[PDB]
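So the structure is just underneath, and the comments pick up after that.
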Amino acid sequence: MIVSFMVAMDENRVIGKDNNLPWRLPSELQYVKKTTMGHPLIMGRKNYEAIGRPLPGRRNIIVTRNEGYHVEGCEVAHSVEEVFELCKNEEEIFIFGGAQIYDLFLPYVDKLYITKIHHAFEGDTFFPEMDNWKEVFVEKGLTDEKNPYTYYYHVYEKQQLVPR
Ligand SMILES: COc1cc(Cc2cnc(N)nc2N)cc(OC)c1OC
Ligand SMILES: [Ca+2]
């Protein structure tokens, strides 16, 4: 099962503030929605609560220590093992939100769906750093009136290597 990340980022690798996104990008969010369509959404509790509601078209799997955490139209996992368990028959998943959720799926990550907004915002949350990788795709995001920022979509798959 392909373990993919889906993050929208910043100049300073900002991916949030008190809980929500510092930017308002309906186009970006559409590219997000389309890309992950058909695949589960792996996201932490405070993250999903930022999102606000179950994103349709995909298994909404949530992560939390809380054994007694439930939320309608959503699956909940207390372990990475329990996510891999749930998504055992999945061809690909998308790690979505919570900087600490990334660090849990870090050891397994396969593909990186990183958006980079060319600005410096004020944010509390940030994205863990990484050493590789290998960019396979790149496209600029639509800067409109409703997308008042310049940002590009960046895809990264693991860098191979020629046997010594
Ligand atoms: C509904 O779509 C949302 C998705 C996300 C997570 C997320 C969304 N897109 C990308 N590219 N990376 C992410 N980590 C975060 C959100 O706010 C926290 C969303 O809306 C509220
Ligand atoms: Ca893997």
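Note that chain A carries the PDB entry numbering, so the residues on display, from first to last, are 1-131, 134-166. Because only heavy atoms are used, hydrogens play no part in the values below, and waters and symmetry mates are left out as well, while side chains stay in. Read the numbers this way: they start at 1 and go in the same order the structure lists the ligands and their atoms.
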Specify the drug or drug candidate at ligand 1. trimethoprim
Identify the main binding partner of trimethoprim (ligand 1) here and report its name as listed in the PDB entry. dihydrofolate reductase (DHFR)
Are any other ligands or ions shown closer than 4.0 Å to trimethoprim (ligand 1), and if so, which? none
List the source organism for chain A per the PDB. Bacillus anthracis
What do we get for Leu55 next to trimethoprim (ligand 1) when only non-hydrogen atoms under 4.0 Å count, side chain, backbone, both or neither? side chain
Considering only heavy atoms of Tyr102, which atoms of trimethoprim (ligand 1) have at least one such atom less than 4.0 Å away? 14 (N)
Is there a polar contact between trimethoprim (ligand 1) and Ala50, counting only N or O atoms under 3.5 Å apart? no
Answer side chain, backbone, both or neither: which part of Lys33 comes under 4.0 Å from trimethoprim (ligand 1), heavy atoms only. neither
Pick from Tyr48, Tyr153, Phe127, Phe96: the one approaching atom 7 (C) of trimethoprim (ligand 1) most closely through a non-hydrogen atom: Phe96
For trimethoprim (ligand 1), which atoms, with element, lie under 4.0 Å from some heavy atom of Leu21? 16 (C), 17 (O), 18 (C)
Does any N or O atom in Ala8 lie less than 3.5 angstrom from one in trimethoprim (ligand 1), N or O only? yes
Answer yes or no for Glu28: is there a heavy-atom contact with trimethoprim (ligand 1) below 4.0 Å? yes
Pick one of side chain, backbone, both or neither for how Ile51 approaches trimethoprim (ligand 1), counting any non-hydrogen atom pair under 4.0 Å. both
Could you tell me whether some N/O pair between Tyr113 and trimethoprim (ligand 1) is separated by less than 3.5 angstrom? no
What residues line the site of trimethoprim (ligand 1) at a non-hydrogen cut-off of 4.0 Å? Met6, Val7, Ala8, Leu21, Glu28, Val32, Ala50, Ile51, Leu55, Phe96, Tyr102
